[PDB]
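Entry featuring 10-1074.
Letters A, B, ... mirror the listed sequences (proteins, then strands); counts begin at 1. Scope of the values below: all heavy atoms of this structure, side chains included, with no hydrogens, waters or symmetry mates. Shown: partial entry. Contacts: counted within the shown part.
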Amino acid sequence: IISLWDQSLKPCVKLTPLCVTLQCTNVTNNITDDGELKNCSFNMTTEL
Amino acid sequence: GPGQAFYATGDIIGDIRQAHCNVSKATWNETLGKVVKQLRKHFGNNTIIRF
Amino acid sequence: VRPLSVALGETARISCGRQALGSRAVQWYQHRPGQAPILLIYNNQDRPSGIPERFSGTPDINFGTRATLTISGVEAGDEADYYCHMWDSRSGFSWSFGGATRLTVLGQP
Amino acid sequence: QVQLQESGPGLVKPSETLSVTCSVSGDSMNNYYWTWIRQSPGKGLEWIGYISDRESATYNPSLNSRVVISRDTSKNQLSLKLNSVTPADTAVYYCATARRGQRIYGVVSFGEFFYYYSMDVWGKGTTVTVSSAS
Ligand SMILES: *[C@@H]1O[C@H](CO)[C@@H](O[C@@H]2O[C@H](CO)[C@@H](O[C@@H]3O[C@H](CO[C@@H]4O[C@H](CO)[C@@H](O)[C@H](O)[C@@H]4O)[C@@H](O)[C@H](O[C@@H]4O[C@H](CO)[C@@H](O)[C@H](O)[C@@H]4O[C@H]4O[C@H](CO)[C@@H](O)[C@H](O)[C@@H]4O)[C@@H]3O)[C@H](O)[C@H]2NC(C)=O)[C@H](O)[C@H]1NC(C)=O
Ligand SMILES: *[C@@H]1O[C@H](CO)[C@@H](O[C@@H]2O[C@H](CO)[C@@H](O[C@@H]3O[C@H](CO)[C@@H](O)[C@H](O)[C@@H]3O)[C@H](O)[C@H]2NC(C)=O)[C@H](O)[C@H]1NC(C)=O
Ligand SMILES: *[C@@H]1O[C@H](CO)[C@@H](O[C@@H]2O[C@H](CO)[C@@H](O)[C@H](O)[C@H]2NC(C)=O)[C@H](O)[C@H]1NC(C)=O
Ligand SMILES: *[C@@H]1O[C@H](CO)[C@@H](O)[C@H](O)[C@H]1NC(C)=O
Ligand SMILES: *[C@@H]1O[C@H](CO)[C@@H](O)[C@H](O)[C@H]1NC(C)=O
Ligand SMILES: *[C@@H]1O[C@H](CO)[C@@H](O)[C@H](O)[C@H]1NC(C)=O
């Protein structure tokens, strides 16, 4: 199962450029939330 | 990418709730009790089983 | 203030600018000039006592339609400031009554 | 019958206090919640704050906490105090009840509901003018 799991992820997408400094703010909610939803905006390298 | 797309979570449409899992209390009580009756076999004739 | 005009003996729809971000529970208020306002429709489905059946509420279908107050058979006394007291699970506490669509009736004898 | 009658000064100078009462009759005081309503000429009906049976005054944040509201079961009337009053406060002052309905969208055990306040019974309303006039 472990070896069969990796062979299903290798052809998938890699997210190494994903985690940049994320300006995460709490989602549009009221008091008595718990968090658990971070609205993160970040710079991402496009196609070019 | 070129041609590599990070599927991200967009705006959540609708009401904001949290996930849960329901389990019939009538069955779960009865199920655990059936286990204690079997679990009491391996520890004394009668002992207090705590979950 | 949002102006709107309708003819006599016709049916009208009253909407507000706010959108139902999530599950909504709107209250409808009809403020006659000088006279005290009166709640017409609340809970999206219920009409308090002492109110004509000319107004029907907009039920909740988890999405889609906003607070659309359906005025069936508009009368002369319906010329007033209509308020859309909207409440939802996203905006939190609605400490404001929002912009009132002042509906006026034209073509009357 | 629930009769909400308001009485106030009517005229007031700037930087003063507007203390207007609201008498309720034909019913009890501990049945529902109470509030005031204001509306400036040209603006819409704005909410100033509401009080429940536990006397805890909750104010509208759109006025920078420049209002103090309270009620007295002795006179069975609803009081309302405003400090640092601006000339723009010349408006009509309504008085209405508040039926706090509980609208549920998720589960109750996780606190996935919310209380919406509904003004069912209103009052006639009294107008006050604030300016440098005497
Ligand atoms: C495991 O067990 C728990 C406990 O039983 C389940 O919890 C329940 O989940 C349901 C579904 O999420 C909740 O439903 C909502 O309930 C309110 C209140 O109505 C009653 O509430 C009691 C609890 O107080 C409940 O026992 C009753 O069965 C019943 O539900 C409803 O008003 C609400 O209606 C709808 O709300 C959605 C919100 O998005 C809305 O889109 C939809 O249109 C409905 O709107 C109503 O209101 C509008 C006006 O605004 C009106 O026009 C409509 O006609 C509707 O009246 C919804 O049904 C329930 O509260 C919750 N509580 C409990 C303790 O039961 C749990 O679901 C279950 N398992 C899983 C896996 O979920
Ligand atoms: C988390 O934050 C993001 C960024 O603020 C929120 O997304 C953005 O939400 C606004 C509305 O609040 C969108 O603006 C509108 O977009 C439409 C697009 O057609 C436009 O016609 C309107 O004039 C207006 O500009 C905005 O597009 C949207 N996205 C971006 C990239 O800014 C997001 O909604 C927040 N999370 C939640 C769940 O609210
Ligand atoms: C994307 O990159 C730009 C580069 O300028 C970031 O912009 C700066 O962000 C900081 C923090 O918010 C501000 O103090 C600066 O004034 C911004 N500069 C300019 C010219 O706008 C931007 O924040 C980045 N976005 C994210 C969220 O990664
Ligand atoms: C905002 O983010 C902080 C830090 O993650 C969290 O403690 C808080 O509960 C979030 N929400 C609110 C309503 O402040
Ligand atoms: C799950 O949902 C099905 C369909 O409503 C129901 O028959 C079953 O009893 C539910 N199970 C639990 C754990 O509530
Ligand atoms: C749980 O269910 C079983 C079977 O009905 C019963 O024997 C037992 O006493 C129940 N336990 C409790 C704590 O109710």
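- Including duplicates, the parts belonging to 10-1074 are chains C and D.
- Of all chains here, the one making more contacts with 10-1074 than any other appears in the PDB entry as HIV-1 BG505 SOSIP gp120,Envelope glycoprotein gp120.
- Other chains whose heavy atoms approach 10-1074 within less than 4.5 Å: A, B.
- The largest count of heavy-atom pairs under 4.5 Å with chain B, among chains of 10-1074, goes to chain D.
- The entry lists chain C as 10-1074 Fab Light Chain.
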